[PDB]
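Read through the structure below, which is laid out as structure tokens, and then see the notes.
Just so it is clear: chains get the letters A, B, ... in the order the sequence lines come, proteins before strands, and each one is counted from 1. Whatever order the structure lists them in is the order used to number ligands and atoms, beginning at 1. Worth knowing before you read on, the calculation uses all heavy atoms, side chains too, and leaves out hydrogens, waters and symmetry mates.
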Protein chains: 2
Amino acid sequence: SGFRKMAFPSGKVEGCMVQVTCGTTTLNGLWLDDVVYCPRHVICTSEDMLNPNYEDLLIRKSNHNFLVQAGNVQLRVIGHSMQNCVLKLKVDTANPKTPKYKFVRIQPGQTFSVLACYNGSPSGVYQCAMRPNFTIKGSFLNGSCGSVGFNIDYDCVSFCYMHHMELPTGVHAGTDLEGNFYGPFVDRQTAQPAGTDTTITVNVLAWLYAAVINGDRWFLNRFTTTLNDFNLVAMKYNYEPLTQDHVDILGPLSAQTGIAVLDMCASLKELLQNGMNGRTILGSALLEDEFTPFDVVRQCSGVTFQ
Amino acid sequence: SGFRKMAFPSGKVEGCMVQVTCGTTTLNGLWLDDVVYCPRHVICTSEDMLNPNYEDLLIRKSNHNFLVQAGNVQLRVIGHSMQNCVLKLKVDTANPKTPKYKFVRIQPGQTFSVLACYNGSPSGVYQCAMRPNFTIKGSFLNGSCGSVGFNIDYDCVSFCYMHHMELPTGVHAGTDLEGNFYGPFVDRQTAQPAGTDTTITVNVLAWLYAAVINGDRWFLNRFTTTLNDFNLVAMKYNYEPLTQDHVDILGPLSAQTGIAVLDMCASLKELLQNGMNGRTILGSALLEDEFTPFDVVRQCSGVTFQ
Ligand SMILES: *C(=N)[C@H](C[C@@H]1CCNC1=O)NC(=O)[C@@H]1[C@@H]2[C@H](CN1C(=O)[C@@H](NC(=O)C(F)(F)F)C(C)(C)C)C2(C)C
Ligand SMILES: *C(=N)[C@H](C[C@@H]1CCNC1=O)NC(=O)[C@@H]1[C@@H]2[C@H](CN1C(=O)[C@@H](NC(=O)C(F)(F)F)C(C)(C)C)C2(C)C
């Protein structure tokens, strides 16, 4: 029993982190086989970053201008190219620690683990969700760019995020591993608008199932509701609509606990309308929306990775 | 910016996990050089665990009765001994992935990362604190025993916890790596009393400093207090006494923010007496006590590990 915010084991990703330096700018890169992936603004000076022309800046670089260090071993760069907002540096050595891997683009509401790194070295690991406004609530300092987000499936690391930038409100933005930003953002140091965020309903429901599995059952009421009626009530509270796809994904938790999804929705509706009346669920005084249904199953059923 | 519950990178520990089976009981072991460390109740049947005589049970085992698997490679056992509540299995192969390491016994209030494992394979990583009553609030299922807790210092893994047991309230107990329990517990399936828990004051103060560093400053009041006056008020709220040692450990955060420790204590006193009036600090509606002063510094200053 017990329920914690849990990250994936980070070792497979640790074996892929390197330091990339161009001029006096240093950040992290991801070394897979004979390619290093990193944010393209490694080629910028501080002044360039206010309004960069990355294509022009890259024209004036050659391979040897990129200092790639894996520990205290320099990796010789033998080619380079830009793909959207990421640079790809071909090196003459394949990473022997390369795991089985995929590049994926995740959906708003899905979670991932972040291995926060500085100078090519890991600092720590934490769990994040892609918010509905395509930001993440991370923890990142100067030099963290190129840190990656990922999920694991048995032996396969699915990389989904590379870190690029922070909005002065402490929220974070980045790209998939093809260099395409999540959200309407660009890698330039200028003010940019983000959509208002919303609560990830299907995840709140998953966490209420986690609560029941752990014996925290006080909020279960005797009612049911329709999907339509639930979505009208939840819209007022800035919850995202719950779809039939979401109901279907909640099926395994519903079957395990014997609580119908629409019955759990009726309990959530009461919590939204009435509050929690000074009580906690799984130790929290607020409803938590950064556990997916799979997160709950993998933690409560002890799924392992190879 | 941003502040998350952050675990240490787990890769160095992942390389040490193995599966140990004796009879039909299987749990996790920790393989360092040519020794595997695991909970001694691997030698128990389910019935033995109600009232085990471990010395008698071990008498009747020989080396070959222990099946140790590192991946799909069986490690030949060539000696065994019991040290308090842990078994030590000598194997004929040294773990080539053994990190620099130490065995330490941590103090109540200190935190560590847990790599939760099943069948010798990692499931996930999360951060825990040793509670003042010597329990931890973990997330552990059947088969998790032998999972370890640890801290890292540059390249050195300090192992501080091995998991043994769950009290039916969802809290957890275990040993240091010399097999000595934290707290007044024994590895037998019978009801046992734990002390009432208390709030780790020095950690709450560390987290309030983390909040200020992140721009969450609403709770700062204009007052100071004495250490004596703070401790009288906090005792009522089941907070542990704040010592001069604690004040000294908070020095780096105090100097960084320019807020005297006793001034932060005056702000905490107001929060304890008045509540948070529907507001949050770092997104939490409750005061958080499972970040140490070092946790705050290592996250907010980007300390890395080798
Ligand atoms: C990569 N190493 C850093 C990570 C930042 C630094 C502080 N916390 C983080 O997550 N990325 C940057 O410094 C990027 C980079 C130029 C400026 N930048 C920012 O993150 C800035 N934010 C923005 O410009 C905004 F608001 F639009 F997101 C900064 C004000 C420095 C936090 C480029 C090329 C975008
Ligand atoms: C190790 N693999 C498990 C981990 C447990 C299992 C469920 N969650 C956990 O953390 N350890 C055990 O099963 C130990 C073991 C016998 C019984 N046990 C318990 O954890 C039991 N708890 C107690 O006996 C109590 F309450 F005293 F802590 C159980 C009721 C099965 C949760 C031995 C040898 C103590």
Legend entry - Drug listed at ligand 2: nirmatrelvir (bound form)
Legend entry - Partner of nirmatrelvir (bound form, ligand 2) with most atom pairs under 4.5 Å, per UniProt: 3C-like proteinase nsp5
Legend entry - Neighbouring chains of nirmatrelvir (bound form, ligand 2), heavy-atom cut-off 4.0 Å: B
Legend entry - Heavy-atom shell of 4.0 Å around nirmatrelvir (bound form, ligand 2): B:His41, B:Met49, B:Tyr54, B:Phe140, B:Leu141, B:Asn142, B:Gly143, B:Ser144, B:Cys145, B:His163, B:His164, B:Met165, B:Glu166, B:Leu167, B:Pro168, B:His172, B:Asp187, B:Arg188, B:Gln189, B:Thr190, B:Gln192
Inset, instruction - Point out the UniProt domain of chain B where most residues touching nirmatrelvir (bound form, ligand 2) sit. - result: Peptidase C30
Legend entry - Cut-off 4.0 Å: ligands and ions near nirmatrelvir (bound form, ligand 2): none
Inset, instruction - Compute the least heavy-atom distance between nirmatrelvir (bound form, ligand 2) and each UniProt active-site residue of chain B, then give the nearest residue and its distance to 1 Å. - result: B:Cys145, 2 Å
Inset, instruction - Would you mind running through nirmatrelvir (bound form, ligand 2) and noting each atom that sits below 4.0 Å from a heavy atom of B:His163? - result: 4 (C), 9 (C), 10 (O)
Inset, instruction - Could you tell me the residue and atom name of the protein heavy atom closest to atom 18 (N) of nirmatrelvir (bound form, ligand 2), and the distance to it rounded to 0.1 Å? - result: B:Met165 CB, 4.4 Å
Inset, instruction - State the atoms of nirmatrelvir (bound form, ligand 2), each with its element, that fall below the 4.0 Å cut-off from a heavy-atom position in B:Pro168. - result: 26 (F)
Inset, instruction - Could you tell me whether atom 13 (O) of nirmatrelvir (bound form, ligand 2) has at least one protein heavy atom nearer than 4.0 Å? - result: no
Inset, instruction - State the residue and atom joined to nirmatrelvir (bound form, ligand 2) by a covalent bond, or say none. - result: B:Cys145 SG
Inset, instruction - Note the single closest protein heavy atom to atom 19 (C) of nirmatrelvir (bound form, ligand 2), along with its residue, its atom name and the distance in Å. - result: B:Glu166 N, 3.9 Å
Legend entry - Closest protein heavy atom (residue, atom, distance) for atom 4 (C) of nirmatrelvir (bound form, ligand 2): B:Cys145 SG, 3.3 Å
Inset, instruction - Run the numbers for me: atoms of nirmatrelvir (bound form, ligand 2), each under 4.0 Å from some heavy atom of B:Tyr54, listed by number. - result: 34 (C)
Legend entry - Residue B:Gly143 vicinity, atoms of nirmatrelvir (bound form, ligand 2) by number, heavy atom under 4.0 Å: 2 (N)
Legend entry - chain B organism per PDB: Severe acute respiratory syndrome coronavirus 2
